[PDB]
Enquirer: 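Below is a structure containing CR6261. Please help me interpret it.
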Amino acid sequence: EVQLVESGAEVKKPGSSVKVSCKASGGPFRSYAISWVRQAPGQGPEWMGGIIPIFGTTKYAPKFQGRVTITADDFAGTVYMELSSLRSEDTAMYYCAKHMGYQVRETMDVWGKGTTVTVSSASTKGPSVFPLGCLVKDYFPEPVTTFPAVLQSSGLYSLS
Amino acid sequence: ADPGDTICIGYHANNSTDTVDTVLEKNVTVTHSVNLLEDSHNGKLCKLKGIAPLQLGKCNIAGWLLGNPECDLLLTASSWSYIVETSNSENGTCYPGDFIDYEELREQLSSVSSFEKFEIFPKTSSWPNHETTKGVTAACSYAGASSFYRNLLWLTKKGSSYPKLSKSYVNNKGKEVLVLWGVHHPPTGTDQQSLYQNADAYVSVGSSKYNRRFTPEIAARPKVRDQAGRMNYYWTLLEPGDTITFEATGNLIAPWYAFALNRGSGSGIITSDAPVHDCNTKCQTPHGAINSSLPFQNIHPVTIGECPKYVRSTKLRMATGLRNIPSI
Amino acid sequence: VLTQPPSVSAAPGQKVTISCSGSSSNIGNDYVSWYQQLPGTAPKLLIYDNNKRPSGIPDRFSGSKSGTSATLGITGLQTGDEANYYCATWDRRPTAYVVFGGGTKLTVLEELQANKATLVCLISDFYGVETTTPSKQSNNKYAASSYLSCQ
Amino acid sequence: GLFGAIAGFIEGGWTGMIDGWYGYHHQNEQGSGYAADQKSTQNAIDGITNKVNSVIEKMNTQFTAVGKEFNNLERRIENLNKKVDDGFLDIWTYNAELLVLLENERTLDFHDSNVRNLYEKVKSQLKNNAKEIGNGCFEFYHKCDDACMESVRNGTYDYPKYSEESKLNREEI
Ligand SMILES: *[C@@H]1O[C@H](CO)[C@@H](O[C@@H]2O[C@H](CO)[C@@H](O[C@@H]3O[C@H](CO)[C@@H](O)[C@H](O[C@H]4O[C@H](CO)[C@@H](O)[C@H](O)[C@@H]4O)[C@@H]3O)[C@H](O)[C@H]2NC(C)=O)[C@H](O)[C@H]1NC(C)=O
Ligand SMILES: *[C@@H]1O[C@H](CO)[C@@H](O)[C@H](O)[C@H]1NC(C)=O
Ligand SMILES: *[C@@H]1O[C@H](CO)[C@@H](O)[C@H](O)[C@H]1NC(C)=O
Ligand SMILES: [Cl-]
């Protein structure tokens, strides 16, 4: 069966844009449509929109219409989702998923593994260390080095 | 009938204006179609796999490997994704004469992706009882003073004497070693004595793969760059574990540096005047880089990497949809 | 949106049903699909066209649709079926789009020198304020923290 | 075209039918509209996508290909290299252009066939409960509401259900 491989994790500022890709195996032209579906933690999935093969027609969810663009490069076997005017609630896992036929609908039979997009006003920073026991603050984004990290009101991650 | 309800079967039209050719009919407007032919490039020379090409610039392959003094920028180069000569690659053999089997050397280098340069016969160490200066020569100048190749070493008499040398190198690099030398053919000499102290001299170079003797051909030859003498350049690829042996009584332009070669497919030599930039591509032509998944291109037959297939076509549009008939 | 129960439970071999309530623009005149989601993985299709099973899915799962409501049934309940389950359909109304249910969870039974100060309240082994959520320790119990920039 | 439907007995296309390549238009008391035929569109999209993928698969990418140099006494082999490069280029240009022309012909005919076969499949469902009125249209001999229209579009039209009312209308003329 088809495998759908998505591009890597993204970290963006509010007001910016993100473009995620999904490459379908086989093909490269496809007889089935592909949609983007996202899932904020720990909420249900929300269909963003999809694109029909050959015709290139798109359909978008009302919640994203005006700021999502879905495109296809058919010779590369790839579809893209660009979401602009990002907000912190665009922080989510982003999935591509194919439909069984050429039309977009409720049935998506094969899904990518998902890629994370994190939208925050923070910039990338390293942690300073204080004696208590130990205190690591303030860092952003997240690591590979104790109590799970807290996320402060500065958008920076404190953990003890 | 009675009430007049109807159903009709039909087909899609749209406002597309793309056309395709068939055998029976040219220029047929269809509803959907795809272009198979890439005709765009970015006008730059780019990296492949994060590796920049080697831009020889004002120098050519010969000036690079021999170490022409105008090519000093190239001395530190050790790896590249391809090699670029320009339409101004003219600094090659500064002291005139023929580079023997040069087209073959170029064919060999085309599959070399990197090397390790090293001092094969270190100057003033491997040669205890021969002179190591002058030449030097103005033909190969640097900052308005006579100089020489950085990779070859011009040997000369140690005051009136010159004993039959025998210098031998063993390949313990674990790969092919490219070894370059020259043999000097002075004019009405005179010079022969003034440089080599012996008039009936010879050079001999030996290994299992290669064996040749050289007798100086002392003769009157036109001025080339103020020089009436000529110098022939030679190379060989010493196999791993094998031994190369130089023997002579004069007229040897000896190896000083040599190159330990890493082979790789997908590499090559191109001529391009396009500019190098910090871009990445999977497909490079001499006009510029291609970023495409199309199956054909008409940009250039010369390609590095993985490219669409070169064809002469100016149009290749394949119908996907049907004949477009938006109005009767 | 479509309305699901937030959380249904049973015992191995037992049977549970997850309901999906909508309206006439969505479930009323469209097919319903169901998706299973384990932790750290993508939704996986269980039922489409109201009651068809893709290959890989066993007859333990089935679905039904009646008027404005749909139902997922899971018999022979197993430990591995512990998961989130989402219904989905096409909503023709506002503008057409795929809508999902809200989801049902099935459970199977020195700084002071830098002019700063942060109170550190560490919390463990149970079962300007910034309070870390409960994570579950490997102890299979709950952990947390709060910091004031204690109960 | 070969099958007589496109630019044939169905004279023009419909910019109003958006959801597919082939389909329906209807008119009854409730109103008018267009709807794509999904099954015939899907099968056509399967064939055409496969056709394009087969062209791509046969035409392999070219990997590194660079020039060769020859000295002033190697003109014969220089010319031989040239003859080889030119000849292979001639052949691949010819193959690519020709495959496109031949497949474009076949592509337009495939679409034409598909339209013809959809027309004939509907005609064969309706039988004498509808009359053929040209340009790909049928006038029903009975009232056909949206549920009835949909039954035609999905291949489950019920001839016997409407046969008597059709017959009385057909026999009035
Ligand atoms: C080729 O195909 C495209 C469809 O892909 C087709 O385009 C469409 O473009 C037109 C205009 O450029 C769009 O119409 C605008 O649509 C909105 C509503 O959706 C109207 O409010 C707009 O009204 C203004 O502009 C008119 C001038 O166009 C004014 O007269 C009017 O007073 C308003 O100022 C306008 O109608 C249309 O929505 C898109 N449709 C889609 C689906 O994208 C293009 O015109 C086509 N060419 C041909 C020959 O058909
Ligand atoms: C290099 O080339 C220039 C221009 O061709 C020439 O004038 C110059 O003497 C050359 N120098 C060497 C070392 O070859
Ligand atoms: C097609 O149409 C009929 C009549 O409108 C409807 O009841 C039925 O569900 C449909 N049948 C199929 C196979 O789609
Ligand atoms: Cl219709």
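Residue numbers start from 1 in every chain, and the chains themselves are labelled A, B, ... in the order their sequence lines are given, proteins ahead of strands. We read in the header that X-ray crystallography, 2.2 Å was used to get this structure.
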Enquirer: What is the full set of ligands or chains that belong to CR6261?
Expert: chains A and C
Enquirer: By the name used in UniProt, which chain has the largest number of heavy-atom pairs within 4.5 Å of CR6261?
Expert: Hemagglutinin HA2 chain
Enquirer: Judged by heavy atoms, which other chains are less than 4.5 Å from CR6261?
Expert: B, D
Enquirer: I'd love to know what the PDB entry names chain B.
Expert: Hemagglutinin
Enquirer: So for D/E57, is it side chain, backbone, both, or neither that comes closer than 4.5 Å to the heavy atoms of chain A (CR6261)?
Expert: neither
Enquirer: Heavy-atom distances under 4.5 Å only: say whether A/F55 touches chain D with side chain, backbone, both or neither.
Expert: side chain
Enquirer: Extract the source organism of chain D from the PDB entry.
Expert: Influenza A virus (A/Brevig Mission/1/1918(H1N1))
Enquirer: Which chain of CR6261 comes first by number of heavy-atom pairs under 4.5 Å with chain D?
Expert: chain A
Enquirer: Given the options A/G26, A/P53, A/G101, A/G27, which has more heavy-atom pairs under 4.5 Å with chain D than any of the others?
Expert: A/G27
Enquirer: Return the option, out of D/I48, D/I18, D/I56, D/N50, with the maximum number of heavy-atom pairs under 4.5 Å with chain A (CR6261).
Expert: D/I56
Enquirer: What is the epitope of CR6261 on chain D (heavy atoms under 4.5 Å)?
Expert: D/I18, D/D19, D/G20, D/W21, D/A36, D/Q38, D/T41, D/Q42, D/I45, D/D46, D/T49, D/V52, D/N53, D/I56
Enquirer: Quick one: what's the paratope of CR6261 for chain D with heavy atoms under 4.5 Å?
Expert: A/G27, A/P28, A/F29, A/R30, A/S31, A/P53, A/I54, A/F55, A/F75, A/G101, A/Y102, A/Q103
Enquirer: What molecule name appears for chain A in the entry?
Expert: Fab Heavy Chain
